[PDB]
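One structure is given here, and the rest of the page talks about it.
Here is the naming used below: chain letters follow the sequence lines, and residue numbers restart at 1 for every chain. As a basis for the values below, the full set of heavy atoms in this structure was taken, side chains included, without hydrogen atoms, waters or symmetry mates. Just follow the structure's listing: the first ligand is 1, and inside any ligand the first atom is 1.
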Amino acid sequence: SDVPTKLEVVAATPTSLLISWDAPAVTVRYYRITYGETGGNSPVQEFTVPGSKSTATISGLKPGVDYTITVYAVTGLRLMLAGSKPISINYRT
Amino acid sequence: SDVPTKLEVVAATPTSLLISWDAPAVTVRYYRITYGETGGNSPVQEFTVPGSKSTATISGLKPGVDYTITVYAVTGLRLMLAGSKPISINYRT
Amino acid sequence: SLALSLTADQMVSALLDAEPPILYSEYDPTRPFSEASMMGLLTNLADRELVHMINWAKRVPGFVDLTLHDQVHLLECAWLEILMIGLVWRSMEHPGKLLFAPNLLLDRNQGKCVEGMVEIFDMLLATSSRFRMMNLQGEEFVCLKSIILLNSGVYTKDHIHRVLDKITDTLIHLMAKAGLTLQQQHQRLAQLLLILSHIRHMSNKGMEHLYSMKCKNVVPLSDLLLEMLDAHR
Amino acid sequence: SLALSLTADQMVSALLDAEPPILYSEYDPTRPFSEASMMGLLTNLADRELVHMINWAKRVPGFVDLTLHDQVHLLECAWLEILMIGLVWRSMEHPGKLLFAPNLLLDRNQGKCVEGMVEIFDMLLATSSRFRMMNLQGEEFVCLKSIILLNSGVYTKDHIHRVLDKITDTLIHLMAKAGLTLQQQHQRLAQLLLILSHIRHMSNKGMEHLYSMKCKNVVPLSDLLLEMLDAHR
Ligand SMILES: C[C@]12CC[C@@H]3c4ccc(O)cc4CC[C@H]3[C@@H]1CC[C@@H]2O
Ligand SMILES: C[C@]12CC[C@@H]3c4ccc(O)cc4CC[C@H]3[C@@H]1CC[C@@H]2O
């Protein structure tokens, strides 16, 4: 591939999520992870992960709630434009 | 006064004009003189004279033609705005 | 083409759905406001938003139908204008302050922490107020955004120019639908388009500010923002 | 007020009469084109035009009814935009080149004598062509000029805002009078106002260029221009 794929939740506590994805075959400057309570509609949180990594923890989630998680691969303007819709998933904590 | 006045033609040859005006009572950065054949409608010529001066020669005019001469006092944006319409005259060479 | 078959109602619905997500800033109150820290804060927010700006753009009708070269160009040109028009929208209901984000409500003095900032702030405020004062509606706003994206730059592109005249018709349709007379219609149309000028201007002043901050080397900027800036000189 | 009682025909006639005089440049062909000499040439022309810009402005309806402070502000803001829109008008019938003056017809390579110039030239050209391509009429043009003068800047002025909506009505009246349909009318209105954005932008880029040229100390600039520039930082 050429953009991140196979995003999924590896482990989980009531308050934390550890996630992983299969990196794209490309220099990735870094990633952005965004999460938010699913269809809650509020602003989402976002944080950055170094491009050599391909997993991230998410913490301080409200136990038993359903979050939407989305992983953004930050490359360059051109690739990002050319690139596909980012992969996202839903996971209830 | 506070802007140039008493503009007039002192001397004249077939091709040159010497003009003078009564300076305003103010630091004048410099003046601009413009001249053009009267109601000929073409672009006008323009040249600059140091503000300590209060006369100027105009040369290379077509003999026997009627010119319009206008003297612009360059001060500052504010004065120039506040100031009056510039004084002009007509003189046939 | 498809962006041309869309009725105004359809056109507006599309843009309304393509809206980027609202973002929290990285504001932290244990660390006090320094020139370094606030620029880092604003500058971090900007990098964030840019990532969504890209995917928002693609969703703007007819945009993804341009050559990738043009899609790039429009964004290198428009990003700060886009950023700004959004801030100014977001701040309309806050006479006096700028709602950079749900957790970042700055007002005018907070801006003169950073040298050069306050002048741009004053304008962002003025513009904000002006929109509030003419009751800009969310439906007009998304149109404005798009026009801003599509209108950035220069000629060497008549594709771009049709989908703009579309957006114009949409605009005019809204007003009509909102109970204006023909003369009030064109008048308000003109009023909004004149504002776009002020944003180009704010955008230019900001961009230079941002650039001077990069050199002075106050704060470090992320790879993406960094590109969007260097795209300009 | 008086600028409001004027019918469109009256409004257009006034602006058409207030036109500044056409100026020769100080071009001399015994001395070859250096970066120094061409910047001095352009920069000298600019100082000249500015003196007439001032007295042209006063003649723009309702302008002289503003506080002198506002008359100043509008001009410190607008002068290069005004300068540019004029150049771009003046160049319409010269695909490829810029008619800075009756004795100065520059084209694109002549501009890359001066570093930084060519980029702005390319835009001045693009804009020029765009006007020619939509057959901008002298009557629309003087309106544009005025809007540019009146629209420059920011809010803290509803006087200014009425005499603009006047100019808008005038604009719309022209098109009507010229045989357009309602939809072609608003469309063309929008097209012109969008262009004003490009000029703000060209104006900003120029102003910075001009400023960098002052420092590098290539050419010396006259007291008046010098003020109009420093008015900006
Ligand atoms: C680009 C600047 C930092 C990022 C700022 C920002 C950051 C986020 C956002 O949504 C809007 C804006 C507009 C103003 C921008 C600023 C103006 C000057 C400063 O350099
Ligand atoms: C201001 C510059 C010199 C004067 C130029 C001028 C000079 C006279 C004029 O009528 C128009 C223009 C527009 C472009 C201006 C130039 C753009 C950059 C340069 O510094």
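- The chain with the most heavy-atom contacts to ligand 1 in this structure is named in UniProt as Estrogen receptor.
- The name given to the drug at ligand 1 is estradiol.
- Other chains in heavy-atom contact with estradiol (ligand 1) below 4.0 Å, by letter: C.
- The source species given by the entry for chain C is Homo sapiens.
- Most of the interface of chain C with estradiol (ligand 1) sits in UniProt domain NR LBD.
- Filtering the residues that UniProt lists as binding 17beta-estradiol in chain C by heavy-atom distance under 4.0 Å from estradiol (ligand 1) yields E49(C), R90(C), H209(C).
- Measured on heavy atoms with a 4.0 Å cut-off, the binding site of estradiol (ligand 1) is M39(C), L42(C), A46(C), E49(C), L83(C), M84(C), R90(C), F100(C), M117(C), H209(C), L210(C).
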